Novice: 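This file holds 3C proteinase with rupintrivir (bound form) bound.
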Amino acid sequence: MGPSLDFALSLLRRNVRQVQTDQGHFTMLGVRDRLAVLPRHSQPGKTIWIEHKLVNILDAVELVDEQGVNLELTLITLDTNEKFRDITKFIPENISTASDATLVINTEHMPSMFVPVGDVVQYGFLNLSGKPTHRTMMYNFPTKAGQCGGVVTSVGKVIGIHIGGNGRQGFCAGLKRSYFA
Ligand SMILES: *[C@@H](CC(=O)OCC)[C@H](C[C@@H]1CCNC1=O)NC(=O)[C@@H](CC(=O)[C@@H](NC(=O)c1cc(C)on1)C(C)C)Cc1ccc(F)cc1
């Protein structure tokens with residue numbers, strides 16, 4: 001098996017988890033220690049269902065930029081037994097585009113699912129169901145409901161978290177390493 005498949009399957013084993021909130025099914029990315037990230041609209045509460053058990057949430061942070069604009073990412077500290085494998089080194093230091101990225105999804109409904117979104121380009125502002133959002137990127141792929149939280153990856157780099165689409169295109173919140181320092 002080659003390196004790209006190996007890397008994505010290793011994410012799925014160690015960092016990319018099937019979850020459920022009151023809003024439904026999402027992919028969760030565990031980044032390090034007991035810190036994970038989810039799309040803001042998943043609206044995690046005091047507890048979250050992770051794979052096979054209810055986990056308590058000790059803290060949630062909704063990220064906004066200096067202008068007070070939604071970034072569509074919530075950082076959760078979990079009451080988990082184990083630390084996540086630390087993947088902050090794979091998250092670029094600034095929001096980065098990519099070529100021929102793969103969207104990796106892991107939900108009870110869409111388990112271990114690989115979506116060939118293709119090139120990922122700068123997009124910036126995005127009106128997400130009436131919510132103004134910054135620091136997004138775009139792929140010309142018809143992504144669908146249930147894919148939010150999906151991890152946008154390319155060549156060993158973890159660069160986005162899927163957050164929406166319009167039936168022709170998909171958008172992610174961009175990831176940068178400072179979010180998890
Ligand atoms: C993932 C969450 C989900 O499944 O919720 C159940 C509806 C989902 C992925 C997209 C659905 C269709 N295609 C997808 O890939 N995300 C959402 O539903 C968010 C909202 C959207 O994606 C909306 N799209 C846009 O607003 C938009 C704008 C442009 C230029 O292109 N698309 C559509 C449903 C209209 C959920 C969300 C996020 C943030 C919010 F504040 C509210 C809702």
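Sequence positions, counted from 1, serve as the residue numbers for this chain. Each ligand, and each atom within it, is numbered from 1 in the order the structure gives. How was it done? The header gives X-ray crystallography, 2.0 Å.
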Novice: Which species does the PDB give for chain A?
Specialist: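 Per the PDB entry, it is Human enterovirus 71.
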Novice: Report the part of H162 (side chain from C-beta onward, or backbone N, CA, C, O) that has a heavy atom under 4.0 Å from rupintrivir (bound form); answer both or neither where that applies.
Specialist: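 Looking at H162 and rupintrivir (bound form), just side chain atoms fall under 4.0 Å.
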Novice: Is there any N or O on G167 that sits under 3.5 Å from an N or O of rupintrivir (bound form)?
Specialist: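 No: no nitrogen or oxygen of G167 is under 3.5 Å from one in rupintrivir (bound form).
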Novice: Below 3.5 Å, N or O to N or O, backbone or side chain included: is there any such pair between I163 and rupintrivir (bound form)?
Specialist: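 N/O-N/O distance below 3.5 Å exists for this pair.
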Novice: Using a 3.5 Å cut-off on N or O atoms only, is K131 in polar contact with rupintrivir (bound form)?
Specialist: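 No; every N/O pair is 3.5 Å or more apart.
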Novice: Is there a covalent bond from rupintrivir (bound form) in this model? If yes, I'd love the residue and atom.
Specialist: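 The covalent attachment is at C148 SG.
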Novice: Considering only heavy atoms, does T133 approach rupintrivir (bound form) within less than 4.0 Å through its side chain, its backbone, both, or neither?
Specialist: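 Under 4.0 Å from rupintrivir (bound form), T133 contributes no heavy atoms.
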Novice: Out of curiosity, is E72 lining rupintrivir (bound form), as in a heavy atom under 4.0 Å away?
Specialist: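 Checking rupintrivir (bound form) against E72, which is what was asked, there is a heavy-atom contact under 4.0 Å.
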Novice: Atom 26 (O) of rupintrivir (bound form): protein heavy atom closer than 4.0 Å?
Specialist: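 For atom 26 (O) of rupintrivir (bound form) the answer is yes, since some protein heavy atom falls inside 4.0 Å.
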Novice: Assess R40 for proximity to rupintrivir (bound form): is some non-hydrogen atom of it under 4.0 Å away?
Specialist: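 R40: in contact with rupintrivir (bound form) (<4.0 Å).
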Novice: Heavy-atom distances under 4.0 Å are what count here, so tell me which part of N70 touches rupintrivir (bound form): side chain, backbone, both or neither.
Specialist: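 Neither part.
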Novice: To which of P142, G146, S129 does the heavy atom nearest atom 20 (C) of rupintrivir (bound form) belong?
Specialist: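 Going through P142, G146, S129 one by one, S129 has the nearest heavy atom to atom 20 (C) of rupintrivir (bound form).
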Novice: Quick one: what's in the binding site of rupintrivir (bound form) at 4.0 Å, using heavy-atom distances?
Specialist: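 Counting heavy atoms, it is made of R40, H41, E72, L126, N127, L128, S129, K131, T143, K144, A145, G146, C148, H162, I163, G164, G165, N166, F171.
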